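Scroll down for the structure; my scribbles are underneath it.
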Amino acid sequence: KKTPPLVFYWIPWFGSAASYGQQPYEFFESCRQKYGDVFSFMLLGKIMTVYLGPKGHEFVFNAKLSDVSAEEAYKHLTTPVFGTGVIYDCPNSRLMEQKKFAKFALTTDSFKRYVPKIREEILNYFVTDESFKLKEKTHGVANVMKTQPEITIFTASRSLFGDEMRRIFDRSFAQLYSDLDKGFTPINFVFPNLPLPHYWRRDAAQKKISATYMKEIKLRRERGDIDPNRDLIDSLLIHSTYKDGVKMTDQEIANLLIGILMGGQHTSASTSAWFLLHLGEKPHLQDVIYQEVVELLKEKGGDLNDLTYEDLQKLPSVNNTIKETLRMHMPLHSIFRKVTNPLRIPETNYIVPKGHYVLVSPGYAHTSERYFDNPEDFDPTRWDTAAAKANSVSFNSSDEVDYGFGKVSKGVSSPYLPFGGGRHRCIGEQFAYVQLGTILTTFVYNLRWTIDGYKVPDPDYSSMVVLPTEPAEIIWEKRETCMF
Ligand code: HEM
Ligand SMILES: O[C@@](Cn1cnnn1)(c1ccc(F)cc1F)C(F)(F)c1ccc(-c2ccc(OCC(F)(F)F)cc2)cn1
């Protein structure tokens, strides 16, 4: 009957890019107050159709394969970074199965092993990195936009790839990852390939790192066994065959490893950076966690080195802090699909034309007064309440569906959806919690920190993930239990 209201703009190309780009949530809210929950806005020559709130979550996440395409929207963002033939550079059925393959490395039995490895890496960083140097220093300053991206790549690599990779992680591979990371930008939506050096370094890093992985894949296939059913490389060695019998090439497997690492490390880097800062602003929250962790280990007759995956299950303060950080700082502010066939928006007369892009934003709801009281207050204790819990469950469907990587909720109508929903749902949620939880406990047990200001930095929405604005540091002291 009707196409959704288009948000007025003056600049013929730019559209609403400036405002949407600077502050996505504010922009959405201004648009909502004028037009309602469903509106369109022009962006770099593309028409973005937004559906705010839980009903929007349903509309986009649970949209039919035949109606919208995620790979149409993401191809240019990721393919040049990860490599060809995986993730968005393949049909959806291939993606579904790749997710299934990777999930075999993301189970409890693996996690139980990952935890000490992830802690060890953190501890090594504490001793060797100039931010900490805990054997020499007693006070210090940590730029969390340096420490967290680095710790996250060390812990994730050690965990998912194993010790060998950790072993070869010298400064040469450091440059590559930096060269590749620098190529992982929203600029790829607009400029995926250019002949200025930055791209050259990126393409070259992709080839080099994937080759490295390929070598390790082949080497392990032949001889390797550090320990049983350890990791992601083990998993893909075994689980590399599609349902039609087609098998991933070792180059494709390598490329999938890059995707998984890059996504996981980024989302985790930002999340840990954010909860270090927010905890700095509110140091008493640190002491709560500390108290909980220390009592727990006292029960146990142990020290931090005794802290297990199972222990992480007994620490609600840790897991509430991560929830709250993902509420206030979802790493993805926007999630796109391309409209491939005219969508009718149920409970309306609107029709979304083919060629539009549909945009869903759980972050909006996360940070909206409509769903969360005092949304801009960082309070992990809200997750012990009914209201918050109610915001985490989907009213309409408690039934579950399997898209090919295991059963997920059919219902996505929850205001709080940090890990998305439906077909393209995250598979890294539990791993993220294991990694972030270990990071958080290892920090809190050894250190206490504050921030210089009275406020956490403003978020930067121009990055691949929502990162803290550039000056972002914590000032740390040692806790009586500091291991060094
Ligand atoms: C705080 C941590 C993380 C957050 C907040 C997060 C968030 C998300 C979100 C919102 C999506 C849905 C994207 C969409 O619909 O377009 C997603 C998908 C995904 N995430 Fe994550 N993620 C996190 C960590 C990880 C980790 C650690 C891994 C890997 C181990 C991972 C791998 C994936 C994969 C494979 C997808 C699926 C993409 C698709 O099917 O199209 N994520 N993640
Ligand atoms: O969804 C990602 C990120 N992710 C999710 N979980 N972990 N990582 C992703 C998915 C699967 C992967 F294997 C690797 C990935 F990194 C992704 F595909 F790249 C992804 C897609 C979209 C976005 C994104 C979406 C919207 C953005 O807005 C910036 C703009 F407004 F355009 F300026 C900026 C970034 C970021 N990463």
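Each residue takes its place number in the sequence, starting with 1. We count ligands from 1, going down the list as the structure has it; atoms in each ligand are counted the same way. Just so you know, these numbers use all the heavy atoms, side chains as well, and skip hydrogens, waters and symmetry mates. When the header is checked for method, it gives X-ray crystallography, 2.0 Å.
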Q) Which of CH5424802, CB-839, cryptophycin 52, VT-1161 would you find at ligand 2? A) VT-1161
Q.
Could you tell me which macromolecule makes the most contacts with VT-1161 (ligand 2) here? Its name in the PDB entry would be great.
A. Sterol 14-alpha demethylase
(Q) Could you help me figure out which residues touch VT-1161 (ligand 2) at a heavy-atom cut-off of 4.0 Å? (A) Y20, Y74, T78, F82, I87, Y88, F184, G259, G263, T267, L332, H333, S334, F336, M464
Q: Considering heavy atoms of the protein only, find what lies nearest to atom 20 (C) of VT-1161 (ligand 2) and give residue, atom and distance to 0.1 Å.
A: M464 CE, 4.0 Å
Q. For atom 6 (N) of VT-1161 (ligand 2), which protein heavy atom lies nearest, and how many Å away is it?
A. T267 CG2, 3.8 Å
Q: Just jot down the VT-1161 (ligand 2) atoms closer than 4.0 angstrom to any heavy atom of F336, in number order.
A: 25 (C), 26 (C)
Q. Which residue holds the protein heavy atom closest to atom 10 (C) of VT-1161 (ligand 2), what is that atom called, and what is the gap in Å?
A. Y88 OH, 4.0 Å
Q: Please could you name the atoms of VT-1161 (ligand 2) that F82 approaches to less than 4.0 Å, counting only its heavy atoms?
A: 14 (C), 16 (F)
Q: Considering heavy atoms of the protein only, find what lies nearest to atom 12 (C) of VT-1161 (ligand 2) and give residue, atom and distance to 0.1 Å.
A: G259 O, 4.0 Å
Q) Is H333 close to VT-1161 (ligand 2), meaning an N/O of one under 3.5 Å from an N/O of the other? A) yes
Q: Please report which non-hydrogen protein atom sits nearest to atom 15 (C) of VT-1161 (ligand 2), along with the residue it belongs to and the distance in Å to one decimal place.
A: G263 CA, 3.8 Å
(Q) Please list the nearest protein heavy atom to atom 25 (C) of VT-1161 (ligand 2) with its residue and the distance rounded to 0.1 Å. (A) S334 O, 3.1 Å
Q) To the nearest 0.1 Å, how far is atom 22 (C) of VT-1161 (ligand 2) from its closest protein heavy atom, and which atom is that? A) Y74 CE2, 3.7 Å
Q | Nearest-contact summary for atom 3 (C) of VT-1161 (ligand 2) - protein heavy atom, Å | A | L332 CD2, 4.3 Å
Q) Near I87, which atoms of VT-1161 (ligand 2) are under 4.0 Å from a heavy atom of that residue? A) 13 (F)
Q) Can you check whether a protein heavy atom sits less than 4.0 angstrom from atom 29 (C) of VT-1161 (ligand 2)? A) yes
